[PDB]
Peer 1: 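Consider the following structure, which includes 6-mercaptopurine.
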Amino acid sequence: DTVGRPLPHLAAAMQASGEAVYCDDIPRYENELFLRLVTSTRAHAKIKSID
Amino acid sequence: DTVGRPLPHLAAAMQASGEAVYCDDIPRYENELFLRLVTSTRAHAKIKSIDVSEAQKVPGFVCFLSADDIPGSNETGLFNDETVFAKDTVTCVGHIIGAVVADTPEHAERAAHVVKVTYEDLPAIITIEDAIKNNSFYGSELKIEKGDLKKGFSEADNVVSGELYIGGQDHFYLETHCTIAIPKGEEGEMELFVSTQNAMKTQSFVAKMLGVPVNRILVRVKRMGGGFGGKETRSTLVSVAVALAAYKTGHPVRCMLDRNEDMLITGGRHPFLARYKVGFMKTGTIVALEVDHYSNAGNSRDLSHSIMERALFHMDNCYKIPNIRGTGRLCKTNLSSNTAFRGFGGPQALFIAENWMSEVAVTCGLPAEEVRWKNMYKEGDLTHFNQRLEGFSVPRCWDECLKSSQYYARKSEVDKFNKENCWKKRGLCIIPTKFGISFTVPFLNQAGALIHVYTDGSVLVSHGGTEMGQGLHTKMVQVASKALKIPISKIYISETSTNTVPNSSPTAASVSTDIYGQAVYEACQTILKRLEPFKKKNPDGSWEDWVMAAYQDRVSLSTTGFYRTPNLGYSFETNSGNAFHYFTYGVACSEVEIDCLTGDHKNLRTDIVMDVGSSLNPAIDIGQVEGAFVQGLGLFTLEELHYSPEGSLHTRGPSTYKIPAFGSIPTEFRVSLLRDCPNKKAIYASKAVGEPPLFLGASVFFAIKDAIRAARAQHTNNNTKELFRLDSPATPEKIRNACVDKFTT
Amino acid sequence: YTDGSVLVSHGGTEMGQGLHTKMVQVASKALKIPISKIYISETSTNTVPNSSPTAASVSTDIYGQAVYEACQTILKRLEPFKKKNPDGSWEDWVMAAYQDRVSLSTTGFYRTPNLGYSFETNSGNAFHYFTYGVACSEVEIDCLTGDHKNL
Amino acid sequence: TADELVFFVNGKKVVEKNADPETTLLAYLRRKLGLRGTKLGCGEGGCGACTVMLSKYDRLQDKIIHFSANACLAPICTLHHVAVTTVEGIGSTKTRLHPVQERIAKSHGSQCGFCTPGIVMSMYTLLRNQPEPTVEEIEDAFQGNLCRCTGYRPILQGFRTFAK
Amino acid sequence: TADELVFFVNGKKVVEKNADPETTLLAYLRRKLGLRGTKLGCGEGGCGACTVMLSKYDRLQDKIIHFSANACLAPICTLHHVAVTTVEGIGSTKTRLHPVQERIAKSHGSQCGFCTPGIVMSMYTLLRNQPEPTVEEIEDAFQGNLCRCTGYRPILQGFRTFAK
Amino acid sequence: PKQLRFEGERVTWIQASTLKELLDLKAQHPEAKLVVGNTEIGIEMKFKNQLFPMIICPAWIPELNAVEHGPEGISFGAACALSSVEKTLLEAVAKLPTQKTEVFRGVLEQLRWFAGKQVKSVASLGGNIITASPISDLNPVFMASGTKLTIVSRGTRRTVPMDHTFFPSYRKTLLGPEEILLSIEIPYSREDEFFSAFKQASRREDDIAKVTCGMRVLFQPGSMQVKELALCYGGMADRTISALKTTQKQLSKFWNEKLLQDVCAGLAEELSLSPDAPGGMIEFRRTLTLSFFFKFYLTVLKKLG
Ligand SMILES: Cc1cc2nc3c(=O)[nH]c(=O)nc-3n(C[C@H](O)[C@H](O)[C@H](O)COP(=O)(O)OP(=O)(O)OC[C@H]3O[C@@H](n4cnc5c(N)ncnc54)[C@H](O)[C@@H]3O)c2cc1C
Ligand SMILES: Nc1nc2c(c(=O)[nH]1)N[C@H]1C(S)=C(S)[C@@H](COP(=O)(O)O)O[C@H]1N2
Ligand SMILES: Sc1ncnc2[nH]cnc12
Ligand code: MOS
Ligand code: MOS
Ligand code: FES
Ligand code: FES
Ligand code: FES
Ligand code: FES
C-alpha cells in the first residue's frame with residue numbers, strides 16, 4: 001500500500017540509463033523512408049509555382 | 001443481414017492477389033537476425049560434446065545457444081516434462097539441443113549443418129510392440145465400461161477377434177511454423193508475431209523460460225496458412241527458442257522452418273494399435289464388445305491423455321451396444337511427441353469400430369447396410385458413457401444419402417462389373433458418423449470478446465479465436481452484423497492478441513464459432529442497450545447519429561463479452577454427467593475401382609449428407625466438409641510415414657510423402673447439407689463443422705476392402721465368409737499383396 | 001493473467017508527470033497486492049477507444065476513478081474463491097477463478113457528475129472543485145544593466 | 001572481373017551487379033526486392049507455392065514463349081534477359097483484379113490462402129499460351145500444385161468457367 | 001584513394017572505411033551503431049541533450065584527458081584515435097547502474113526523462129576529472145544542459161551528495 | 001551474345017554461349033558441374049549436402065537445343081526441356097502411322113504423371129539421363145530401345161546405343177571426365193516391333209525401390225517368333241538393369257502360354273532381392289516385375305492375333 005508515499009517515477013532508472021524508448025529510438029525497418037515538411041516563407045500570399 | 005448466405009471468405013480476394021500478410025511476409029528490421037535449430041540425430045543417447053569451431057568460420061555468424069544461456073527455466077511443455085534445450089541426454093531423432101543465430105537464413109542454415117555433436121547411444125523404444133513388452137507408458141490405464149460382459153459373451157451365437165493398426169499423419173499445413181520476437185529493452189518487455197492457435201500458452205511458456213511475469217509479453221496473430229491441430233501447442237518449440245535469441249542478443253530475431261525440419265520436429269497424429277473381441281447374434285445384432293487401445297505418444301505427454309479420452313468416447317460410432325468395455329494406454333517412446341490433429345483420436349476409434357462391424361456382416365453373410373442399420377441408436381438412447389442422444393439425425397442422413405446416391409441400383413452395376421472383369425474390381429460402401437462437441441476438459445469451454453464503436457460509427461471486434469482458413473472472422477462479422485443490425489462493411493476484425501482478450505483457450509475442438517459467436521453476441525447486446533435511449537430520442541436518424549449523441553453524452557462505447565458452456569462435466573467414476581454439449585452427424589457413400597495387378601485405384605464417386613443444423617454460411621460449411629473429407633481420404637489411403645530401424649524418419653518432403661492432389665479426388669464429388677434441422681443449443685441454431693466430416697473419408701477405405709474381397713473370390717479361395725487383415729493406410733503395396741494370385745504366390 | 005500478474009491500460013498518456021506511477025499505486029491499494037505485480041505498457045486506441053486528450057490536469061482524477069472501478073469488478077468476481085480458500089494467496093484465487101470459467105477481464109468507466117455552466121442564465125457548475133496555493137519571492141535588480149538575481 | 005546480371009520482374013528492369021550463383025529466385029523476390037506474393041512451401045519442387053511465369057524470346061524458334069516455373073529451384077544466374085511475372089504483376093485489390101484472381105476468390109477456391117498465389121500463376125500461364133483451353137488442359141495445369149484446405153472441387157469448378 | 005577512420009565507442013573499436021566529412025557523431029551513434037541513449041534536442045549546441053564524454057591521449061601534454069562535448073556538432077572526421085563514452089557505456093538496469101544514474105533517479109531529478117542521459121554525462125565527466133568536487137564546480141558543470149520538467153532543485157540536491 | 005562470369009562466396013558460375021566455349025571449359029576444369037534446370041543439383045546442395053565450387057551453364061548453346069527429324073528417328077539436344085520432348089512426340093504420334101511410334105508412345109507414358117508443368121518446363125533430357133537415378137523413369141525405356149547417345153569432347157566424338165554397360169555403378173555413367181552429352185536419338189519402331197512402359201504408383205524412399213520399366217519385342221517377318229527381346233527395370237538395384245539371362249533364353253521361341261511361364265520363372269530368379277534389400281517392399285516389387293510383363297505379354301497379343 002503505497003498511496004501517500006514518495007515512490008520514484010517507475011521509469012526513472014531506465015531514463016537515467018538511456019534504455020527508455022522514445023519514438024525516434026524505435027528501430028527502423030530495412031525499407032523505412034524519411035519525410036521533411038516544405039513550409040511557406042511568406043506571411044500571406046498566392047502560391048504561383050512549386051519547382 | 002447475411003447469416004445463412006454464401007458470403008466468400010473476407011480475405012479471399014487479398015489471398016488471390018498475394019497481398020494478405022503471413023508471419024514471414026512481415027518486413028524485417030534493419031538489425032533483424034535469423035535462427036536455426038540444432039537437432040538430435042539419435043533416437044536415445046548421452047550428449048558427450050558440442051563443437052562449434054567450424055560454425056564460427058561461417059560469415060554472418062552471431063552465436064550458438066544452448067541450455068546454459070537460459071535465465072529463467074529450462075522446464076517446459078504442457079505437463080512440464082520437456083526441456084527447451086536438451087542438457088545431457090537426447091530422447092528422439094528431432095530432439096532440440098540448441099540454436100544458431102546469424103545475419104541471413106542462408107548463413108544460419110550453413111552454420112547449423114556444420115555443428116558437431118558426439119553421442120553415446122542408449123537402447124531405444126520405437127514401436128508400440130516395443131512399448132508393451134518393455135511396459136513403457138505415461139500414467140495408468142483409462143477405462144469406460146457398461147453392462148455385463150460375461151453374459152453378453154455367454155449368450156452370443158458368435159464371436160470374432162483380431163488386431164488392427166492405424167498409422168499416423170503429418171499436418172502438412174502449407175505454411176510451416178514461424179515466429180518473430182521483438183525485444184524492447186525495457187523491463188523485460190517483448191512483442192511476438194507468431195503462427196499459432198494458442199497465443200495464451202505461447203505467452204506463458206516464453207515468460208516462464210525468461211523468468212518474467214506474464215504481463216511483460218505480448219503475442220499477436222493475424223492469420224495462419226493452416227493449423228489442423230499442429231499449431232495448438234507444438235509451435236512453442238520454435239517460439240521459445242526465438243524469444244531466447246532476442247533476449248540474449250538484444251536484436252529482433254526470426255525463424256521459419258523448412259518442410260523437412262517441420263515434419264521431423266513438430267509431431268503428427270497418434271498411431272493406434274487395437275486388440276478387439278465382439279460377440280453377436282446370427283441376425284448380426286451386437287451383444288458384447290471389448291477393446292484395448294494403445295497409442296504411440298512419443299517423448300512427452302502433451303495432449304495424449306485427452307486424445308485417448310476422445311477415442312474411448314467414440315468407440316461406439318452410431319451403434320447401440322448393451323455390454324462394453326474399452327480401455328486405453330499411452331505408449332512412451334523415443335519419437336517426436338505426437339499431438340493434436342483434426343479429429344483428435346476420434347477418427348482412430350471410429351475406424352476400429354467400423355472394422356469389426358464390417359467383419360460381423362461378412363461372418364453372418366448378410367449385406368453391410370442392413371447390419372449397420374439394425375444396430376443404430378434410436379432417438380433418445382443413452383451412449384456407453386450414459387449421455388442422452390437428442391435430435392439424433394443419422395437415420396435421416398442415411399435415408400437421403402441412399403436415395404440420392406442411388407445406392408441399390410449402383411450396387412447391381414458393381415456386381416455386374418465384377419462378373420465381367422478379371423484383373424480389375426469395383427467396390428461400394430456406405431458409412432455413418434457422430435462426433436461429440438466440446439473440449440473434454442470442462443475449463444477450456446470459455447470464450448471472451450472485446451468490442452469498440454468509434455465516433456464515425458465504425459466497429460472494431462476482437463475475440464479469443466484465430467483464423468487458419470476455416471473462416472472464423474468471416475462468421476463473427478456475419479454474427480455481429482445481424483446482432484447490431486448494421487451492414488458488414490461497417491465492422492472490422494484485425495488480429496488476435498493477448499492484450500485485448502486474455503486467458504483464451506486454443507482455437508480448437510470445432511467449438512470456436514459456437515463460443516466466440518456467443519461472446520461477440522453478448523458484447524453487441526450491451527452496446528444496443530446503451531444506445532437505446534438515443535434511438536428513442538431520434539427514431540428517424542441513422543447509426544452514426546446515435547453513436548455520436550451517446551459519445552457527446554458521456555456513455556461508454558466499449559465492452560467485454562463472455563460465455564461459459566453450461567452443464568458440462570463427465571466423471572470416469574460414476575460414469576455420468578455430460579461430456580459434450582451436442583453431437584454433429586453425417587453419412588458418406590463412396591465407389592472405387594482397383595487395378596489388381598498394380599495396387600492402384602480410382603475414386604469414381606462419393607456422396608455426402610452432413611447435418612450442420614442451420615448453417616451460418618453454406619459455402620464455408622460445404623468447404624469445411626470437402627476439406628475435412630479429403631484429409632481423411634489422405635489418412636486412410638495415400639499418406640504414410642516411414643522410419644529406419646534406428647527410429648529416424650525417412651519421409652520428409654512432398655516427394656516421399658503423398659498428400660491428396662488435384663487428380664486424387666473422386667471424379668463425381670457431391671455434398672448436401674441436411675435441411676430443416678435447427679440446433680437449439682448453439683448460436684443462431686447452427687452446428688460445429690470443422691472435425692466431424694474427416695472420418696467419412698473411411699468410406700473410400702471400406703470401398704477398397706470390398707473390392708479386395710471380390711478380387712480374392714476370383715483368384716484365391718471359395719470361402720466367401722473369409723476374414724483378412726487390412727491396416728490403415730491402404731497404400732498400393734497393401735492392396736496388391738492382399739490380392740493373392742498366381743504371381744504373389 | 002493466470003500467473004496472477006495484472007496488465008492495466010487507460011486513456012491517459014505519460015509525458016513526465018508520473019501518471020502511470022500513480023495509476024499503479026491506485027490499482028495496488030484497490031486490489032491489495034504489491035505494486036511489483038502490476039504493469040502498464042503504453043496507451044493505444046485498440047484497448048481504450050474515444051479518449052479525451054491527456055490535459056486540464058484531471059487525468060489522475062478521472063483515470064484513477066476508472067481504474068478503481070475495474071478493480072472493484074475484479075474483486076467481486078474473485079470474492080467466492082477467497083471465501084473457499086481464506087488462507088491461500090492471490091495466485092491461488094486467480095487460478096481457481098480461471099479453472100471455474102469466471103472471466104478475469106473488465107472495462108471501467110467514469111463520468112464527472114454535475115457539470116455544465118451556461119453563458120445565458122450565468123449558472124451551473126463549470127468546475128468540479130478548485131486547487132489553491134500561495135508564493136512569496138524576493139529578487140535583487142541591477143539598475144544599471146537590467147539584470148536580476150532570484151534570492 | 002564479374003559480369004552484371006540483367007533481368008525483368010513485372011516489366012521493370014533489375015541490374016544485379018554482384019550475383020551469387022547459389023541465390024534462388026524465390027529468395028531474391030522475397031528478400032532483395034520485397035515482393036512477398038510468391039511463397040515457400042517445401043524448397044524441393046513438389047508443392048508449387050512458389051510458381052512464377054517466365055517469358056523469353058527464343059533466339060532459335062523466333063517466338064516469345066511463356067512457361068511456368070518453380071522459383072525455389074531457379075537460380076537467378078539462369079535468368080539473364082529473362083522476364084519474370086509474379087502474382088503482384090497481374091492485378092491487385094488496389095487497382096483491379098485479374099479474372100483468374102476474381103474467379104478463384106468468389107468461387108470459394110481459397111481458404112487459408114497460402115497456395116492461392118501459386119495456383120493463380122499456373123492458371124494464368126495456361127491462359128497466355130492458350131486463351132480458350134479445354135476442361136482437360138485445365139485439370140492438367142495443376143499437377144505441381146498442392147492444396148491442403150479445399151479438397152480441389154471448388155477450384156476446378158471456378159476455373160472450368162474459362163473452357164470450350 | 002581514401003583513408004580509414006578508426007575510433008572507439010564504449011571501449012570497442014569502430015573502423016569506418018567510407019567516412020563522409022558531413023556526418024555528425026550524433027547521427028553516427030543513433031543511425032549507424034544503433035545506440036539511442038544520446039538524444040537530438042536542438043542541433044545547434046544549446047541544450048546538451050546530446051552530451052558525450054571524449055577521451056584522448058594528448059601527444060603534447062603527455063596525459064590522457066577526459067572532456068565533455070556536443071555529439072550534434074562533432075564531425076566524426078575530427079575523431080581519429082578518440083574514445084567516445086555514452087550513457088550506455090557507464091551502467092545499465094541489465095547489469096548495474098553507475099552512482100550518477102542511481103542518485104538522479106532516486107532523488108526525483110528525472111520526470112519526462114529526455115534530458116537525463118545528457119545531464120548524466122556532464123556529471124560523470126566532472127567526476128572523472130575531479131573525484132571530489134565542490135558544490136560550486138557541480139552547479140557549473142551544467143551551464144550547457146537544459147531541463148523543462150523539474151525546475152532543477154532536485155537534480156542539484158541529489159548531485160550535491162558528491163561534494164566537499 | 002557472349003560468355004558471362006558470376007562470382008559468389010563459394011561458387012564461380014560460367015554461362016557458356018558456344019559449344020566451343022563449353023568444351024574448352026570442361027577440358028580446363030574436368031571436376032566442374034553442368035547445370036541446366038537445377039532440379040537435381042539444387043537438391044544436392046540443399047539436402048544431400050554437396051558443394052561444387054565450379055558450375056558451367058550450357059543452356060544458351062544451339063546444338064543441345066536442336067530438334068532434328070532423320071530417317072532413323074528423332075534427335076533432341078541434351079538441354080531440351082522435358083515439355084519440348086513431350087510436345088514434339090505428341091505431334092509425331094498424331095501424324096505418323098501406329099506401327100512407327102511404339103517407342104514414342106512409351107516415352108509419353110512415362111511422362112504422364114511425372115511431376116507438374118513447372119518442373120517439366122525446366123528439367124532437361126540430358127539431366128535425367130546423366131543423373132542416373134536408380135529410379136529414373138526414362139533410362140529404362142531408353143535402354144530397352146537402344147536410343148542413341150551422341151557424346152563429345154574437345155577432340156573426341158562418338159555415338160553409342162544405350163545398353164546395360166552404360167551404367168557401371170551406383171549413379172555413374174560411361175563417360176570420360178572431359179565429356180558431355182550432346183544429343184539423343186529416339187528411334188522409330190520397325191515392322192513386327194512392339195513396345196510398352198510401366199511404373200509403380202507411389203514412392204517412399206529417395207532414390208531407391210520404385211519399380212519402373214521398358215519392354216521391347218521384335219518378331220521374324222509376319223510371324224510370332226521372337227528375334228530380339230528386351231526387358232529393362234529401375235527400382236530393383238542401385239542402377240537401371242536389363243534381364244539379359246532371361247530374355248536370351250527366349251530367342252527363337254513362340255509367343256504363347258509357355259513363353260509367359262518361362263520369363264516369369266526367369267524374372268523371379270534373375271531379379272530376386274535379399275529380405276534386407278534397401279527400400280523394402282520385397283514381395284510387392286517382385287510381384288510388379290511379373291505383373292508388368294503379364295500386361296506386356298497381353299498387349300502384344302492384342303496387337304497381333
Ligand atoms: C519434384 C520433381 C519430380 C521429379 N520426378 C521425376 C520422375 O518422376 N521420374 C524421373 O525419372 N525423374 C524425376 N525427377 C528428376 C528430374 O526429372 C531431373 O531433376 C531432371 O531431368 C534433371 O534435369 P536438370 O537439367 O534440371 O538437371 P541439373 O540439376 O541441372 O543437372 C543434372 C545432372 O546432369 C548433368 N548434366 C546435365 N547436362 C549434361 C550434359 N548434357 N552432359 C553431361 N552431363 C550433363 C549435370 O552435370 C548434373 O550432374 C523429378 C524432379 C523433381 C524436382
Ligand atoms: N482451412 C482450414 N480449415 C480447418 C482447419 C485449418 O487449419 N484450415 N483446422 C480444422 C480444425 S483441426 C479445427 S479444430 C477447426 C477449428 O476452427 P473452428 O473451431 O472455428 O471450426 O477448423 C478446422 N478446419
Ligand atoms: S477434446 C479436445 N479436442 C481438441 N483439442 C483439445 N484440447 C484439449 N481437449 C481437446
Ligand atoms: O481441435 Mo483442431 O486443433 S485438431
Ligand atoms: O491542459 Mo495541458 O495539456 S496545456
Ligand atoms: S516451394 Fe514447394 S515447390 Fe517451390
Ligand atoms: S487454401 Fe490452404 S492450402 Fe490451399
Ligand atoms: S542537440 Fe541540443 S546541443 Fe546537441
Ligand atoms: S525531465 Fe523532461 S526535460 Fe528534463
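Within every chain, numbering begins at 1; the chains are lettered A, B, ... in the order of the sequence lines, protein sequences first and strands thereafter. A restricted portion of the entry is shown here, and the contact count covers that portion and nothing more. Ligands are counted one by one from 1 in listed order, and the atoms in each one are counted from 1 as well.
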Peer 1: Quick one: which ligands or chains go with 6-mercaptopurine?
Peer 2: ligand 3
Peer 1: In this deposited structure, which macromolecule lies in greatest contact with 6-mercaptopurine, as labelled in UniProt?
Peer 2: Xanthine dehydrogenase/oxidase
Peer 1: Which other polymer chains sit within a heavy-atom distance below 4.0 Å of 6-mercaptopurine?
Peer 2: B
Peer 1: I'm comparing 6-mercaptopurine with the natural ligand. Which residues that UniProt lists as binding substrate in chain B have a heavy atom under 4.0 Å from the drug?
Peer 2: B/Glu232, B/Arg310, B/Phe344, B/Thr440
Peer 1: At less than 4.0 angstrom from any non-hydrogen atom of B/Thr440, what atoms of 6-mercaptopurine do you find?
Peer 2: 1 (S)
Peer 1: For atom 7 (N) of 6-mercaptopurine, which protein heavy atom lies nearest, and how many Å away is it?
Peer 2: B/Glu232 OE2, 2.9 Å
Peer 1: Under 4.0 Å from a heavy atom of B/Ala509: give me the atoms of 6-mercaptopurine that qualify, with their elements.
Peer 2: 3 (N), 4 (C)
Peer 1: Between B/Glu309 and 6-mercaptopurine, find which residue part has any heavy-atom pair under 4.0 Å and reply side chain, backbone, both or neither.
Peer 2: neither
Peer 1: Could you find the nearest protein heavy atom to atom 2 (C) of 6-mercaptopurine and give me its residue, atom name and distance?
Peer 2: B/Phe344 CE2, 3.3 Å
Peer 1: Around 6-mercaptopurine, list the other ligands or ions under 4.0 Å away.
Peer 2: ligand 4 (dioxothiomolybdenum(VI) ion)
Peer 1: Looking only at protein heavy atoms, which one is nearest to atom 9 (N) of 6-mercaptopurine, and what is the separation?
Peer 2: B/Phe439 CD2, 3.6 Å
Peer 1: Cross the UniProt Mo-molybdopterin-binding annotation of chain B with the residues having a heavy atom under 4.0 Å from 6-mercaptopurine, and give the overlap.
Peer 2: B/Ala509
Peer 1: So, 4.0 Å and heavy atoms of B/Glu691: is 6-mercaptopurine close enough to count as a contact?
Peer 2: no
Peer 1: Nearest to 6-mercaptopurine, which UniProt active-site residue of chain B is it, and what is the least heavy-atom distance to 1 Å?
Peer 2: B/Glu691, 5 Å
Peer 1: Does some non-hydrogen atom of B/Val441 fall short of 4.0 Å from 6-mercaptopurine?
Peer 2: no
Peer 1: I'd love a list of the residues lining 6-mercaptopurine within 4.0 Å - heavy atoms, by chain and number.
Peer 2: B/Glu232, B/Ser306, B/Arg310, B/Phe344, B/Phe439, B/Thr440, B/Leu444, B/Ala508, B/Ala509
